[PDB]
Amino acid sequence: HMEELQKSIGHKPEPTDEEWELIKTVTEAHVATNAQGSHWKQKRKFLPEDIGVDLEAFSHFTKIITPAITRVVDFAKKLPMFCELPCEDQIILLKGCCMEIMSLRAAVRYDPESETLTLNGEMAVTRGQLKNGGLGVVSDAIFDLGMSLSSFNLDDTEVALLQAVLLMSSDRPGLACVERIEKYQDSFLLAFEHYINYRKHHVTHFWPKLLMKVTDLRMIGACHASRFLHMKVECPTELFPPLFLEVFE
Ligand SMILES: N[C@@H](Cc1cc(I)c(Oc2ccc(O)c(I)c2)c(I)c1)C(=O)O
């Protein structure tokens, strides 16, 4: 052990044995629940230029959102720390992280040849389409993120660990087990940092840079809560799948 003194000497600690297990678990959790795995660039339908609040865009995205929400719940269920928490807390962390995690899984499928992200592994959209379909400027935040993340060269473990950091956010309103959720967080952040030392990215100050993405995903979430209200007034209610409603209010 002895984190602060290794650092202080200039050494970059790689993962302890217990951390490599934590990493194997989050990584498999993510890889299991990540639609179409590594086979996504070919298994993807480009949404027609003409689907262009544009109601038919909205309708295509709401048709696929229910599975995408459920693959996040699945991600969480495969983290034993999440199972150690009370039911109210779990629901509370899911509702909090759900847009954050979906946004991240979209951003990391950004493709610069086509300027598209891919939703659910299956539907590639432009900025325009995602924006006009209900996301507004949340779409711009998501593409700008994905563009940026593409020099971070993240792998499945780094995305998985980001998801675990967002999932274990102890500042959500109403939580009962705050300090336990922070302990699990710190345990993820510590594994994640150690994992990045091992990765030896060729980017100056990679860690703090990656932490700044956590904040941007949080902003994308908060900002999506607001878009969702603007949608309750524009689009119906009958246009909204029931899992969508329950997660977002
Ligand atoms: N692509 C992700 C899942 C993912 C699915 C969908 I539909 C997305 O679009 C949204 C989300 C919220 C909204 O209110 C609207 I309107 C559209 C995003 I951004 C992400 C995955 O692989 O899990």
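One is the number of the first residue; the rest follow in order along the sequence. Remember, it's 1-based here, ligands and their atoms both numbered in the order they're listed. The figures that follow rest on heavy atoms only: side chains count, while hydrogens, waters and symmetry mates do not.
Checking liothyronine, clomipramine, deoxycorticosterone, belinostat against ligand 1, the answer is liothyronine. Going by contact count, the macromolecule most engaged with liothyronine (ligand 1) is what UniProt calls Thyroid hormone receptor beta. The UniProt annotation of 3,3',5-triiodo-L-thyronine binding in chain A and a heavy-atom cut-off of 4.0 Å around liothyronine (ligand 1) together pick out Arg71, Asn120, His224.
Going by the entry, the organism behind chain A is Homo sapiens. Considering backbone and side-chain N/O atoms, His224 comes within less than 3.5 Å of an N/O atom of liothyronine (ligand 1). The contact set between liothyronine (ligand 1) and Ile142, taken as ligand atoms under 4.0 Å from a residue heavy atom, comprises 19 (I).
Residue-to-ligand polar distances place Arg71 within reach of liothyronine (ligand 1): an N/O pair is separated by less than 3.5 Å. Note: an N/O pair closer than 3.5 Å links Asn120 and liothyronine (ligand 1) by distance alone. By UniProt annotation, the domain of chain A supplying most contacts to liothyronine (ligand 1) is NR LBD.
Result for chain A: of the UniProt L-thyroxine-binding residues, liothyronine (ligand 1) comes within 4.0 Å (heavy atoms) of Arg71, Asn120, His224. Here no covalent bond ties liothyronine (ligand 1) to a chain. Contacts with liothyronine (ligand 1) closer than 4.0 Å are made by side-chain heavy atoms of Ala68 only, the backbone lying farther away.
The shell of residues around liothyronine (ligand 1) (heavy atoms under 4.0 Å) is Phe61, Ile64, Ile65, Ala68, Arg71, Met99, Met102, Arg105, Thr118, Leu119, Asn120, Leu135, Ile142, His224, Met231, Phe244.
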